[PDB]
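Worksheet: one structure, shown below.
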Amino acid sequence: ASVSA
Amino acid sequence: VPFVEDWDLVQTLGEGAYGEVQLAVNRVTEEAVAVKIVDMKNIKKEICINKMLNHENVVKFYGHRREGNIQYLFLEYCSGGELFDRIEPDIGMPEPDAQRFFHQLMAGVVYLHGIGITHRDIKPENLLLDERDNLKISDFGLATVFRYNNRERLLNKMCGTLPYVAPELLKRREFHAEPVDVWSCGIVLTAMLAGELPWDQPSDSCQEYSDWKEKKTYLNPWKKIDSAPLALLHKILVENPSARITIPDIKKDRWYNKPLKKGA
Ligand SMILES: CN[C@@H]1C[C@H]2O[C@@](C)([C@@H]1OC)n1c3ccccc3c3c4c(c5c6ccccc6n2c5c31)C(=O)N[C@@H]4O
């Protein structure tokens, strides 16, 4: 899992 | 520089009915940050308050982002974990370490009150530590503004955690925000020095609380606390919020200013 800034 | 905006969620820091908090590591820089993820299915207020916070003993806010029904709040990561885990059950911790943590807690609280913000849920589980064991006040989900345009607003909503809540919250319809946080800090100090909470709640129906008001300090947890810090506690855990010691005076307290902890 990941996210963007 | 491509990829610098990518973050990998490598670990779950905390969960619960509200969403989750993940440890995120920057794909390029490897910088670590905490990301609170909330399923919109409150938030707006927490963000507003977080944008106001800039102090070494308060978790910093880096920004927010959302994708439909999910909000992502980027916050300073405190690898040290909860102060709660540094407390030995029924024991506490070395008095010098507790004094240092208390000093930092006061600094954070003085700062918050200075900008008119009250945390409302101060307890060891919400006080985090960084890699150098520096205390960071975290989770402003229950926080609110008690002073705006130099005008104080009395509170009336019951918020917090029973063992840490001030008696006026349960006995009066309205109350001043500041003495409430002061009280909480006193309960946190008790925990750090005795490794146990004095009462389930500060009400006359609670035997432990009645004993304290009756000054039976020969009972636990008071008997495990040295006379110097106990004297301070006698001034903080005062039922009448108007008579309770204020932070400026806590800073003048004897134990508060007693040399105990060697530098790192
Ligand atoms: C009650 N203990 C929990 C421990 C765990 O998750 C919680 C939900 C609580 O910490 C306040 N939690 C939050 C809740 C709301 C906003 C921010 C945070 C947060 C941050 C962090 C951590 C954290 C770091 C290391 C171990 C457990 C942790 N927990 C949190 C956070 C963090 O480092 N930054 C965020 O402020």
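The lettering of chains (A, B, ...) simply tracks the order of the sequence lines. Throughout, chain A uses the PDB entry numbering, with the displayed residues spanning 301-305 in order. Throughout, chain B uses the PDB entry numbering, with the displayed residues spanning 3-43, 51-273 in order. Below, each value reflects all heavy atoms present in this structure, side chains not excepted, and no hydrogens, waters or symmetry copies. Each ligand, and each atom within it, is numbered from 1 in the order the structure gives.
- At ligand 1 one finds the drug UCN-01.
- In the deposited model, the macromolecule with the most close contacts to UCN-01 is named by UniProt as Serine/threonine-protein kinase Chk1.
- In contact with UCN-01 at heavy-atom distances under 4.0 Å, by letter: B.
- Listed by atom number, the atoms of UCN-01 under 4.0 Å from B/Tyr20 heavy atoms are 8 (C).
- For atom 16 (C) of UCN-01, the candidate residues are B/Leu138, B/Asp148, B/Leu25; the nearest heavy-atom contact is made by B/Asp148.
- Per-residue contacts place B/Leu15 under 4.0 angstrom from the following atoms of UCN-01 (heavy atoms of the residue considered): 5 (C), 23 (C), 24 (C), 25 (C), 27 (C), 28 (C).
- Selection from B/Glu17, B/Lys38, B/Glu91, B/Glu85 by nearest heavy atom to atom 32 (C) of UCN-01 gives B/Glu85.
- Most of the interface of chain B with UCN-01 sits in UniProt domain Protein kinase.
- Residue B/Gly90 places a heavy atom under 4.0 Å from UCN-01.
- Atom numbering of UCN-01 starts at 1 in the shown order; those under 4.0 Å from a heavy atom of B/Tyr86 are 24 (C), 33 (O).
- The ATP-binding residues of chain B named by UniProt that have a heavy atom under 4.0 Å from UCN-01 are exactly: B/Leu15, B/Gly16, B/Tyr20, B/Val23, B/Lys38.
- The 4.0 Å heavy-atom shell around UCN-01 contains B/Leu15, B/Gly16, B/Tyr20, B/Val23, B/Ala36, B/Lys38, B/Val68, B/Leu84, B/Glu85, B/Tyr86, B/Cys87, B/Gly90, B/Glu91, B/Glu134, B/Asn135, B/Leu137, B/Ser147, B/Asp148.
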Could you pull out every N or O of UCN-01 that sits under 3.5 Å from a protein N or O, with the distance for each pair?
residue: UCN-01; atom: 2 (N); partner: B/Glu91; partner atom: OE2; Å: 2.6
residue: UCN-01; atom: 2 (N); partner: B/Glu134; partner atom: O; Å: 3.0
residue: UCN-01; atom: 33 (O); partner: B/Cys87; partner atom: N; Å: 2.8
residue: UCN-01; atom: 34 (N); partner: B/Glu85; partner atom: O; Å: 2.8
residue: UCN-01; atom: 36 (O); partner: B/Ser147; partner atom: OG; Å: 2.9

